[PDB]
Amino acid sequence: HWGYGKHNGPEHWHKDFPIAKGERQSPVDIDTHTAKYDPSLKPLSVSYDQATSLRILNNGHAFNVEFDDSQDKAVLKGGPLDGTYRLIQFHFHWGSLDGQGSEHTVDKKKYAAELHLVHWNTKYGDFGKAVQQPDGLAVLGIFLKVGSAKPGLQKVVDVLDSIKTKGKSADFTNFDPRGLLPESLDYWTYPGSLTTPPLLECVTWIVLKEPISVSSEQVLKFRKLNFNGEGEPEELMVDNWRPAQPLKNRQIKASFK
Ligand SMILES: CC(=O)Nc1nnc(S(N)(=O)=O)s1
Ligand SMILES: [Zn+2]
């Protein structure tokens, strides 16, 4: 029954998921003045040319755009990754205001939203087996700031009215996640976890440097989603982000000087 309210939010997750106080928990604050530049980092490889979007779903915490991950259609190689990682779904973490909403923070700066493209390591068979492995997931973190309208997002924004409440799902085929990427693929990387329960410490996090801009009219329709199910009292789906967690014995490496 976890969520982001006052009585089931990120401050109560450790009572049902004691790994919330673990070692490699996410998100964290990316301190650009302590993030070491790693010249041995390879360029990222985003092969989304055969990505197959299937469905968009309101799961009571966010909205997920699921992809056909039965084959290596949309993968993520290069960077710090050893092997292939299939894009399975992406989602967003936003807030009620433009000064908050992102999960990762850059020098304590909060962005309006944060895009998470989730990939699972193919050598583990399926997603359920990869989440139990330290190098099982690779999530690509892309910040969203309020500004010009992002054209690659309008197809996502226009469909939100059909998935307003929890449990609603809608067809969402032929979507191209390449439009959601910024111009540059410079990134930070650090070993992390899921930012939602069960908070499994299985994620190699890749947070891109360059944010993307979205018009306030776009991010406003993110805030018109409902946490509740249909017929229940309306609770706006806002501030569905986890605050930053202690970095502890972890080093964030950057692909750019
Ligand atoms: C379906 C799936 O991949 N589960 C996720 N749970 N938390 C995720 S996140 N915020 O760390 O990207 S993805
Ligand atoms: Zn996420």
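The first residue in the sequence is number 1, and the count goes up from there. Order of listing sets the numbers, starting from 1, for every ligand and every atom in it. Any value given below was found using the heavy atoms of this structure, including those in side chains, with hydrogens, waters and symmetry copies removed. Structure determined by electron crystallography, 2.5 Å.
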Choosing from acetazolamide, clavulanic acid, pyrazinamide, acipimox, metronidazole, what was placed at ligand 1? acetazolamide
In this PDB structure, which macromolecule forms the chief contact with acetazolamide, named as in the PDB entry? carbonic anhydrase 2
Residues near acetazolamide, heavy-atom distance under 4.0 Å: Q89, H91, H93, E103, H116, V118, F127, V139, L194, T195, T196, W205
Can you report which non-hydrogen protein atom sits closest to atom 6 (N) of acetazolamide, along with the distance? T196 OG1, 3.1 Å
Acetazolamide: other ligands/ions under 4.0 Å: ligand 2 (zinc ion)
Does any N or O atom in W205 lie less than 3.5 angstrom from one in acetazolamide, N or O only? no
Relative to acetazolamide, which UniProt active-site residue of chain A is closest, and at what minimum heavy-atom distance to the nearest 1 Å? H61, 8 Å
Which of the atoms of acetazolamide are close to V139, meaning less than 4.0 Å from one of its heavy atoms? 12 (O)
Report, in ascending order of atom number, the atoms of acetazolamide lying under 4.0 Å from any heavy atom of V118. 3 (O), 12 (O), 13 (S)
Most residues of chain A in contact with acetazolamide fall within which UniProt domain? Alpha-carbonic anhydrase
Enumerate residues in chain A that UniProt marks as binding Zn(2+) and that sit less than 4.0 Å from acetazolamide by heavy atoms. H91, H93, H116
I'm comparing acetazolamide with the native substrate site: which UniProt-listed binding residues in chain A have a heavy atom within 4.0 Å of it? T195, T196
Pull out every atom of acetazolamide sitting under 4.0 Å from any heavy atom of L194, numbered as shown with elements. 6 (N), 7 (N), 8 (C), 11 (O)
Acetazolamide atoms in contact with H93 (distance to a heavy atom under 4.0 Å): 10 (N)
Which organism does the PDB entry give as the source of chain A? Homo sapiens
Any idea which protein heavy atom is nearest atom 3 (O) of acetazolamide, and the distance to it? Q89 NE2, 2.9 Å
Tell me: protein heavy atom nearest atom 11 (O) of acetazolamide, and distance? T195 N, 3.1 Å
Check acetazolamide against the protein and report each N/O to N/O distance under 3.5 Å, formatted as atom name, atom name, distance.
residue, atom, partner, partner atom, Å
acetazolamide, 3 (O), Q89, NE2, 2.9
acetazolamide, 6 (N), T196, OG1, 3.1
acetazolamide, 7 (N), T196, OG1, 2.8
acetazolamide, 10 (N), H91, NE2, 3.1
acetazolamide, 10 (N), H93, NE2, 3.2
acetazolamide, 10 (N), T195, OG1, 2.6
acetazolamide, 11 (O), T195, N, 3.1
acetazolamide, 12 (O), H91, NE2, 3.2

